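Note: structure shows aztreonam (open form) engaged with Penicillin-binding protein 1a.
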Amino acid sequence: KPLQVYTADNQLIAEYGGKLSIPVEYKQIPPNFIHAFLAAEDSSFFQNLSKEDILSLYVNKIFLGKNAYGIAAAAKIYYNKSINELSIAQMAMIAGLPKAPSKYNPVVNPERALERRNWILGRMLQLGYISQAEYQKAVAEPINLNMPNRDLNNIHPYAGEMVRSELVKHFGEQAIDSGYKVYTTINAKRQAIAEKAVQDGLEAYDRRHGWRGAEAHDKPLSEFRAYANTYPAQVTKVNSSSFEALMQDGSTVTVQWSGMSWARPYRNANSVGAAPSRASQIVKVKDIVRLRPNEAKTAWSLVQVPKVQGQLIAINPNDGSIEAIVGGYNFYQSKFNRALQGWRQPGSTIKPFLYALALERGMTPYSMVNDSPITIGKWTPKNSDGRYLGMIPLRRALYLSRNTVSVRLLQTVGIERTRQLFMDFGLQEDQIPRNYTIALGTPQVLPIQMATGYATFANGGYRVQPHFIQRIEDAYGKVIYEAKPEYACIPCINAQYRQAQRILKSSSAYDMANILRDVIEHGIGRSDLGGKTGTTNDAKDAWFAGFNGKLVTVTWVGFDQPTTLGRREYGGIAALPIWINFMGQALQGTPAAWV
Amino acid sequence: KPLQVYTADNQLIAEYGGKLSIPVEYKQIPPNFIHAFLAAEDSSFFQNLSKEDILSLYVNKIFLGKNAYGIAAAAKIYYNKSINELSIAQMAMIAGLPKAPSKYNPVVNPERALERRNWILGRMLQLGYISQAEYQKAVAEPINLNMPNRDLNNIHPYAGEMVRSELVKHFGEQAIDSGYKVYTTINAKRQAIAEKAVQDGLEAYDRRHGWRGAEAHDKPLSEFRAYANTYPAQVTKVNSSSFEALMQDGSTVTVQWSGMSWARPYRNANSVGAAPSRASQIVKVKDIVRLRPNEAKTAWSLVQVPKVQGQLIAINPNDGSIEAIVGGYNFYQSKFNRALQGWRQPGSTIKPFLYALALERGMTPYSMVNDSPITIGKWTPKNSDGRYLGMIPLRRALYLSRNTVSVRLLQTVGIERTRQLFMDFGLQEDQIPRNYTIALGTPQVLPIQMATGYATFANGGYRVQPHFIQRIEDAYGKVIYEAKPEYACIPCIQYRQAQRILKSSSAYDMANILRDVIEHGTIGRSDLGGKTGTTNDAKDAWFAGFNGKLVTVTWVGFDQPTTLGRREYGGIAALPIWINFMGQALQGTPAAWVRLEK
Ligand SMILES: *C(=O)[C@@H](NC(=O)/C(=N\OC(C)(C)C(=O)O)c1csc(N)n1)[C@H](C)NS(=O)(=O)O
Ligand SMILES: *C(=O)[C@@H](NC(=O)/C(=N\OC(C)(C)C(=O)O)c1csc(N)n1)[C@H](C)NS(=O)(=O)O
């Protein structure tokens, strides 16, 4: 009974196997397997009937490491075999594990394991259980691990892993052994859209930054893996306008000029070389490249896995339901989920929060704010363009992200009142400094926390908690957990007990939502959308946080090791296209839904 | 449901607790405990109130290290507390364990444990779960582990551990979690006798070789343990005829001259110094000594834990039932079991086996054998006393353990026939050389193997297998295992008949040679036979003996082979232990001898 993961549309997306026990009838056990146990220790005081008799009481229970309880579970976990498919050497390997299933474990100590195994094999021979022929064959046999994957997550990988890693982080490995059916809030259609939007958007950034050369040269093709619809290939012949490449299935393909002409060489983030004029400028024979076929598989193109990373998080602003989550370019690259674990600075993307606090004090979007030079101790917060617009409306100050106005508003609204608000918005106390730079978007945040914050605007001023579990059923069919979330608007559900806490005045949240809608309509065929771009120092991060009354989406683009994305790569350039693509498709065929 | 260890007499002597889970109703959990779990991680995506509802599904299952499954089992294992007796700091400590019950465990990483705990306490404060008063109190609170012992083995330690260690060696730690009742072959009365006989015998050897000085000097008293009716004490004041010592309970005691005057100093294995004339010659202030009190209490005496080791193994020669087992001086001094793990040379104790084969070939105890110098290619075996008795009867050659006669009999018998016999009674093929020195007792053996050997004489020529399990019951009362041993004599008690490894007449004649050896070369008994043994430079002292109902093998020696002394023999050293045990174990039982079946 594995841990089962479902989307909100009843689709089984992942299965997590825990502690495994496959009981077998004693008479079904190969005699050599019993012999391997009998030879595993020099002396039994319980040729020797008694140990065989007492072995039958433990044979399906013995902890053999790596979640294996009993001989059948070990045969499955280690070799993906039935006990009847095991070789003498593999039987001797398993029989050496009861004593210390870590010291003699073949996964952790392969040397120490073979030492123990060969000793048992030698003893099986001395005891007459095996012939010298069987013995020589078995000692020469390598470890031969064929460990099946028991963590099945090949449909919506980020969504599946979110469940396993969270249960394990909070409740440890026993959470998987439970055999529970976890019904998530994940919308499979929206999840599929998000995965494609992040892939396309990262590839769009990547391509405009240029060809970075083959990922490897003169390395074995078998050491590479396909992912994100990219297939490792080896360059075998280079011509003037085309090249030949060897695939992982042994077939040779040809890439025509049209499939590689895009390859202007990357020089740095703000520079690409001249458009290629010959295939020899792009590839060398023995290069390990990535290719992509078309739908028919009649044509192939030279592609590139982006070095840049990204994420997308989409929540329901009324209850905090996580509808879609993408934590990187592709889950094969690494299990790392940037939506939940990726601490980055939010930049201008934090301003709607602070400005909503100014609106709380009695200001209006039209209220005049002062964009002039300022000082705190010695520090001078300067504007992006080194310009000062003087007295301007609050809404224009926000749209143009004026840093002196922000610092001035922080002084008006007080640091602590803002820190408490950032905390109400979802933000971590420890990650929020007790200084004036917070008005700038200096606190490190998680994209999920930003989504929670933007939901306050979409919902009318309420604090919602992001959640991914709708219900949990036991293996026997009983509902053991039903989500009871805090709702911003209870009448809104029935287009439910817990009412969410109001963290912002209704009028301030509504005003900020409309400023955000005006911002998105001065920088999809929809009129119910609002949003804010963000970019950090030296374009180390590109953000877009936006919403409608039914859905909040936060997109991020950047390198894991903070490096410039490029002079031209503002939040509005790199993150915004991902947001648009997802939102346009996720909201296609839904009526206008404002605050 | 722990693993229960029982004696043949249906008496519980040990309990082994495995994986523990004490389920609790959610409403019975202190709110601060739930708060500690809520504060254990920065973000929950299941404030964060949803984690509370999901926590109820895991609260009795969460693996918290050291066999603890669930909050109540951790409160018990770590603090011997109920969840309602836990402090805020202890609740924060437990709540920090789910993530990594090894990287944050207070038993293994106390530094990492406190780091994680204090962080959780800090977060409980920031979340408003605890006041600053509750917080300052809790951070200042030390680890405060009060771990109850769940491996109860304080009655017959070597017997209890034999069961736990064997199940764990063959079937791993899951063997304990099974909740099975093991009804063993151990006789509690005989086991109690054996423990006392080994202790007394080792102490008798020890005392005559002199005072070796305190076991430690300027070391912490808390690092020592009481065992074998010896209590660690620290010398605090030394006078002319007496000394003051600090006990583990904090009380100061006085040892008078009478309690320490025995302390002639050990000079070497064959020498002791002058009798002490003042307490300063025996003890220094800050010395870690062992003391012993009266039957009630009035005075204390300076005692010494022997450096010498010993063992005793007693089996039933008809089925191989292990009736008594003592693996060393004290299980608390050394967990190691010399009866089952102590590979040593048997010396002259092997001779009855070789001489028995010579009887199979048609020789009689009276047959003349040649005790003269002999050369086996390169090797020249010499006799113990460097004497040669010439033509002597086979039985006298055995009694006086004549090495040249043994080598001559090995040539008559043949190495392989001998090796086959050694293997037949349990000796290990790898431990038996393919040379003439085997006649002298050079193969490395276990005392349990020697007991199995000597049972062939007591039973009339049969191979029995030593065994400690009579039956196993599950927690629900069902018999899941019943011993089906090989019996030497079935009418004597399915049923399994043991294999004959020696001729009835050979076993009978060797038994009577052994009887003569014990009756006329050393209890009010005439049904006993036995053999002494001593190895080169008295590195080992043995006594293997029996009656028709019981075989006992005793051994004395140092773990790192060193001489016992010139005088220290068979002897002398291992024989008094055997006598003491046998005399008492057989007290009130009729005469029991072997049976001839030509
Ligand atoms: C908003 O994201 C805003 N960015 C900034 O205030 C920050 N850097 O801006 C400069 C121009 C210095 C840059 O080098 O990009 C900033 C805030 S916190 C941090 N680490 N950097 C931009 C200007 N507004 S947007 O509308 O262009 O996104
Ligand atoms: C038998 O145990 C017999 N001992 C010997 O043959 C051995 N050593 O004897 C000497 C005298 C050297 C000794 O110091 O004890 C011997 C056998 S195997 C080995 N490594 N050494 C003794 C003397 N006879 S008994 O009657 O005491 O058993």
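The sequence lines fix the lettering, A, B, ..., with proteins before strands; numbering per chain opens at 1. Values reported hereafter were calculated over all heavy atoms of this structure, with side chains retained and with hydrogens, waters and symmetry mates removed. If you're wondering, the header gives X-ray crystallography, 2.6 Å. Remember, it's 1-based here, ligands and their atoms both numbered in the order they're listed.
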- Which other polymer chains sit within a heavy-atom distance below 4.0 Å of aztreonam (open form, ligand 2)? B
query = Using a non-hydrogen cut-off of 4.0 Å, what is the binding site of aztreonam (open form, ligand 2)?
reply = B:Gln345, B:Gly347, B:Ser348, B:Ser384, B:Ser401, B:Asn403, B:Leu440, B:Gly441, B:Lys531, B:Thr532, B:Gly533, B:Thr534, B:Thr535, B:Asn536, B:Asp537, B:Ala538, B:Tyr569
Exercise for the section: Tell me the residue and atom joined to aztreonam (open form, ligand 2) by a covalent bond, if any. Expected result: B:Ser348 OG
key: B:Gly533 neighbourhood, listing aztreonam (open form, ligand 2) atoms whose heavy-atom distance to it stays under 4.0 Å   = 2 (O), 28 (O)
Sub-4.0 Å atoms of aztreonam (open form, ligand 2) with respect to non-hydrogen atoms of B:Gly347: 2 (O), 17 (C), 18 (S)
Got the closest protein heavy atom to atom 14 (O) of aztreonam (open form, ligand 2), with its distance?
B:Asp537 N, 3.1 Å
Q. Do any nitrogen or oxygen atoms of B:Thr534 come within less than 3.5 Å of a nitrogen or oxygen of aztreonam (open form, ligand 2)?
A. yes
Worksheet item: Which aztreonam (open form, ligand 2) atoms are under 4.0 Å away from a heavy-atom of B:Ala538?
Response: 14 (O)
query = With a cut-off of 4.0 Å, which atoms of aztreonam (open form, ligand 2) are near a heavy atom of B:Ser348?
reply = 1 (C), 2 (O), 3 (C), 4 (N), 22 (C), 24 (N), 28 (O)
| said: Any idea what organism chain B is from, going by the entry? | reply: Acinetobacter baumannii
